[PDB]
Structure formats: C-alpha cells, structure tokens
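Figure: structure with pexmetinib.
For reference, positions follow the sequence shown, starting with 1. This entry, so its header tells us, was determined using X-ray crystallography, 3.3 Å. Scope of the values below: all heavy atoms of this structure, side chains included, with no hydrogens, waters or symmetry mates. In each ligand, atom 1 is the first atom listed, and ligand 1 is the first ligand listed.
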Amino acid sequence: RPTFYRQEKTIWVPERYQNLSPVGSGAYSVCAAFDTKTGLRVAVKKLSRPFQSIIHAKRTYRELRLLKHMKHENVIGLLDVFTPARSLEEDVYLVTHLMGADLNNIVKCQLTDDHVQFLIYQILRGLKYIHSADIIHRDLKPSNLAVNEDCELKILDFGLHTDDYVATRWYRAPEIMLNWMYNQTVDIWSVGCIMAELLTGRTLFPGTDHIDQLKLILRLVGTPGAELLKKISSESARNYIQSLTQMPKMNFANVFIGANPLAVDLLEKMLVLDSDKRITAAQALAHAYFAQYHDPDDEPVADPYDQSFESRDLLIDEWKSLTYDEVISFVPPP
Ligand SMILES: Cc1ccc(-n2nc(C(C)(C)C)cc2NC(=O)NCc2cc(F)ccc2Oc2ccc3c(cnn3CCO)c2)cc1
C-alpha cells in the first residue's frame, strides 16, 4: 500500500524509510535507517531465503510471533513489518527502534559502579520479563545488548552458532556448553560474565576452546562438589571432571579487588556451578546492590505466550499463510 523503492551488498523498502546504511550481513541481514513518519532511527532486518526449508520458515514464524509478543522497555520492541511482494502467494522485513550501539565498543570506554548497577538492573529487568514467558535466550553476549547515550538498554539477539570480534563461548554457560542437562539460569551465568567483565574491564573467562574455557571457569569457581557431579548426564565427561586436578573455590574478594562489596556478592550469587542453585532474575533484582533502582511494581511480567505451534511441523507451503496472517494483523504502537 505504501510506495516501495530499491537499492543495493544486498538489495532492499517503503518510502518512509530513508538513508539506508548497512550493519550486519549475517548468515540469515540488517539495515539501520530513518523512519520519516515517526522520526526515529530504526533497525531494519531482512530475512533472506525465509522459506527455502520448513526449518527457517519455522524460524521466521517463531521470530515474528515472539517480536509481536515482546513489549518491554529493556527488550526489543517491534515497530513495523512489510513486504514488497504483491500478494499472499508471494522476501520479508522487520523494523525496530534502533539504539545507539551495542555494548562491545563501550566496554572499552568510560565505567563507574553505579553505571554497572543501572546496566545490570536493566538487563535483569528484561530477563525477568523474558523468563516469565518461559523463554530462554542462550546467546546472551554483549553484542546482543543495545545501549544509547542515556544508558538505556534493550535486550536483543541477532546472532544472525558454534564459534568453537568477541567469541560467544566466553559467555555461554558451562552446562549449555557441554549439554550436561538446563534451566533458564544459563542466561544468568552470561550476566555474571558480563558484569564481571564490565567491573574488571577485561574478559572473565577468555577460553581458547571448550577445554580451556572450562579450565578457566573452574580456576575460579573451583571443582564441583560431590553433589553437582551427580547432575552430569555424561559418564565420559564425568570421568574427565573427576580426573582434572581439583581446584579450590577462589575468594572472589581476592579477584574482584576494589569492587563494590555488593557487586562482588552478587557475582558470587550469579556464578554458581550448579544450575539448580544460581540466583534467579527476580531474586537478583531483590539484591541490595540494585536497591537503588529496585522497584518490584516497575518490573512487569510478560503475559503468557502460546508456544504450542512448535510441535506443529507443517508442510513447506502452508506455513507462509500463517506467517502472512501474523504479518497483516500487526499493530504498530502509537
Ligand atoms: C529464530 C529466532 C528469531 C529471532 C529471535 N530473537 N529473539 C530475541 C529476544 C530479544 C527475545 C532474545 C530477538 C530476536 N530477533 C532479533 O533481535 N532480530 C533483530 C532485528 C529485529 C527487528 F524486528 C528489526 C531489526 C533487527 O535487527 C537489529 C536489532 C537491533 C539492533 C540492530 C542494530 N542496532 N541494534 C541495536 C543495538 O545494536 C539491528 C530468536 C530466534
């Protein structure tokens, strides 16, 4: 209905979006643009080959459904959806509020302890909302976090993985890195890595590989207790852990020198090896380190999310009809 235009290392689309500049030509690409109607700077994601197989058609539908159901200040909020193709029988695009820049190029600059408080509070306030819809992030690296000059923070994901530029394994939880089991606390492990890297300014677990990563993590959190060893669903990995020369639990006070006491304490809470023992997003919000901004009423919980469709593995063709239904019925926010 609106007028579309074309331009190219990929081709792009309505008239309202101008000044297209590239961002990420990842495996599945993205553009940063300016929406003339709202007057905001927007991020425009284009899904390449969304229907070449039912698997990334499932990804397509999953993405749109989720982004539609996502409405949180600290989480990406869908703005527009459109296609130039001329009928339901016929590329697709996603638009969202574009924050200043990710967190990579800002770890290198400026941080005070209160800035870390505000940042990690935004992240945990987003993760409460995410986990209360029974959704797990997994890929919670700094480059998937959006920030602007006002230190506002929006959570995000365009991994767009298996790495073995900031390597992803450095922030992946031990158990999800070795399929030992997992509950949502893997994201909290990532948060611990991130807060530590901010306060200390350097990588916490700069693992060169799976093995080196694991060894670095243990050199801090120590070897597992007799209990946690039971929790492993891998007898080869079990014998390997039991073989590693035991490592005692280091005192985080020794490591996080000159760090806010409450900061070191929360780090103690967010880096428990046992998945069923780490602190939860809400329990961390309740932490005194965030009592400056901690507001239980200003930390809403996402309404239920109907994920029933995952078991519905449909034909190659008909899934685009349901994706089209979810496209046309989109409702922009005033
Ligand atoms: C199979 C599958 C599909 C999707 C997801 N999934 N899950 C999540 C959550 C939050 C729930 C974890 C988010 C997503 N998907 C995206 O976040 N897609 C990016 C995207 C979406 C648009 F609607 C519009 C533009 C987009 O690209 C961007 C977005 C932010 C940007 C830029 C540039 N700057 N910034 C800000 C700072 O960098 C570009 C998971 C699995």
Name the macromolecule with the most heavy-atom contacts to pexmetinib in this structure, as UniProt names it. Mitogen-activated protein kinase 14
Which UniProt-defined domain of chain A has the greatest number of residues in contact with pexmetinib? Protein kinase
Please identify the active-site residue of chain A, as annotated by UniProt, closest to pexmetinib, and give its minimum heavy-atom distance rounded to 1 Å.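 In chain A, the nearest UniProt active-site residue by heavy atoms is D157, 3 Å.
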Site of pexmetinib: non-hydrogen cut-off 4.0 Å: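 Heavy atoms within 4.0 Å: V30, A43, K45, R59, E63, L66, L67, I76, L94, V95, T96, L98, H137, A146, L156, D157.
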